[PDB]
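Lab note: Androgen receptor, tiratricol bound.
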Amino acid sequence: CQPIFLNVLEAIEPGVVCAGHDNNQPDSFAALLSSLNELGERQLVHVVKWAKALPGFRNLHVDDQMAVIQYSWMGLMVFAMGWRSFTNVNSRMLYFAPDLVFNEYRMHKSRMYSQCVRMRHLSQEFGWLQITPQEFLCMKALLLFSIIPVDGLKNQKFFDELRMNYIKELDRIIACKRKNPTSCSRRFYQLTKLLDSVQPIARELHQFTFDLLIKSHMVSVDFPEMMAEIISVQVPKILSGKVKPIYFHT
Ligand SMILES: C[C@]12CCC(=O)C[C@@H]1CC[C@@H]1[C@@H]2CC[C@]2(C)[C@@H](O)CC[C@@H]12
Ligand SMILES: O=C(O)Cc1cc(I)c(Oc2ccc(O)c(I)c2)c(I)c1
């Protein structure tokens, strides 16, 4: 147990990132979403640094590195948020950032109440399944390799191999506490189901942010440079079916 791999994941895990939201001003759709967008931009910088530090990531073609990050950031961020919410507030609220916590009122004011419900549900799963910090860490890494173009990447072979190895690492983590061969199988099943559950949530958020970007000027919501570029160039590839999540289960 505690292989080199685990040492690495625990070492590169991003720290706390604030949204920069003004909690003194009364909530408003525009302010809440603009802050969420700014948070996304800030978190993206951390996700990029984190990914480049992942074992074997830099071996992928440079265009594939940027591509997987551009396609998987939503799922990665939502999954990490679900974890923060569970550990910080026991899933009572969505802990996007220390300065941007959503209670039911904000979930409503944000105009994405249903999406927040699914996200809070995901947060609860971390408790219902008793997910460990190590399991969380390995699952999150695997999420970076869980969405690619239907026609493949520049060098699919390398990606396929890397993804396989990350799956193997999850196996090791699972086997490192399951004496009985029955609980080990069940666990992998459970975690892959949890991992898959992230995709539909990310898709709904992709749909929502895309629409928001389109009418951003009319509702006065600001989108930082990178966010606007990725949501108008990469996200549509996902929504149009050119890029799809890799599901474990059908
Ligand atoms: C990824 C972020 C920001 C980082 C995080 O903690 C999860 C959260 C999930 C909702 C996203 C938000 C970024 C900005 C988005 C994409 C808004 O435009 C609509 C949905 C928001
Ligand atoms: O032994 C461990 O746990 C550490 C470990 C983790 C991983 I992910 C891994 O997979 C690859 C695959 C291709 C490649 O170029 C690189 I760099 C790493 C290997 I090999 C070893």
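All residue numbers given for chain A refer to the PDB entry; the residues shown span 669-918 in order. All values below were derived from every heavy atom in this structure, side-chain atoms included, with hydrogens, water molecules and symmetry-related copies excluded. Both counts, for ligands and for their atoms, begin at 1 and track the order of listing. So this one's X-ray crystallography, 1.8 Å, going by the header.
One finds tiratricol in this structure at ligand 2. The 4.0 Å heavy-atom shell around tiratricol (ligand 2) contains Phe673, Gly724, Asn727, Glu829, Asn833, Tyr834, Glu837, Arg840. Shortest contact from atom 13 (C) of tiratricol (ligand 2) to any protein heavy atom: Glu829 OE2, 3.5 Å. Looking from atom 5 (C) of tiratricol (ligand 2) to the surrounding protein, the closest heavy atom is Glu837 OE2, 3.7 Å.
Other ligands and ions with an atom less than 4.0 Å from tiratricol (ligand 2), by number and name: none. The PDB records the biological source of chain A as Homo sapiens.
Atom 20 (I) of tiratricol (ligand 2) lies below 4.0 Å from none of the non-hydrogen atoms of the protein. Residue, atom and distance of the protein heavy atom nearest to atom 1 (O) of tiratricol (ligand 2) are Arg840 NH1, 3.6 Å.
Lab note: contacts of chain A with tiratricol (ligand 2) map mostly to UniProt domain NR LBD.
Of the protein's non-hydrogen atoms, the one nearest atom 8 (I) of tiratricol (ligand 2) is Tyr834 CE1, 3.3 Å. Looking at tiratricol (ligand 2), you'll find an N or O of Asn727 within less than 3.5 Å of one of its N or O atoms. Short contacts between tiratricol (ligand 2) and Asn833, defined as distances under 4.0 Å to a heavy atom of the residue, involve ligand atoms 8 (I), 10 (O), 11 (C), 12 (C).
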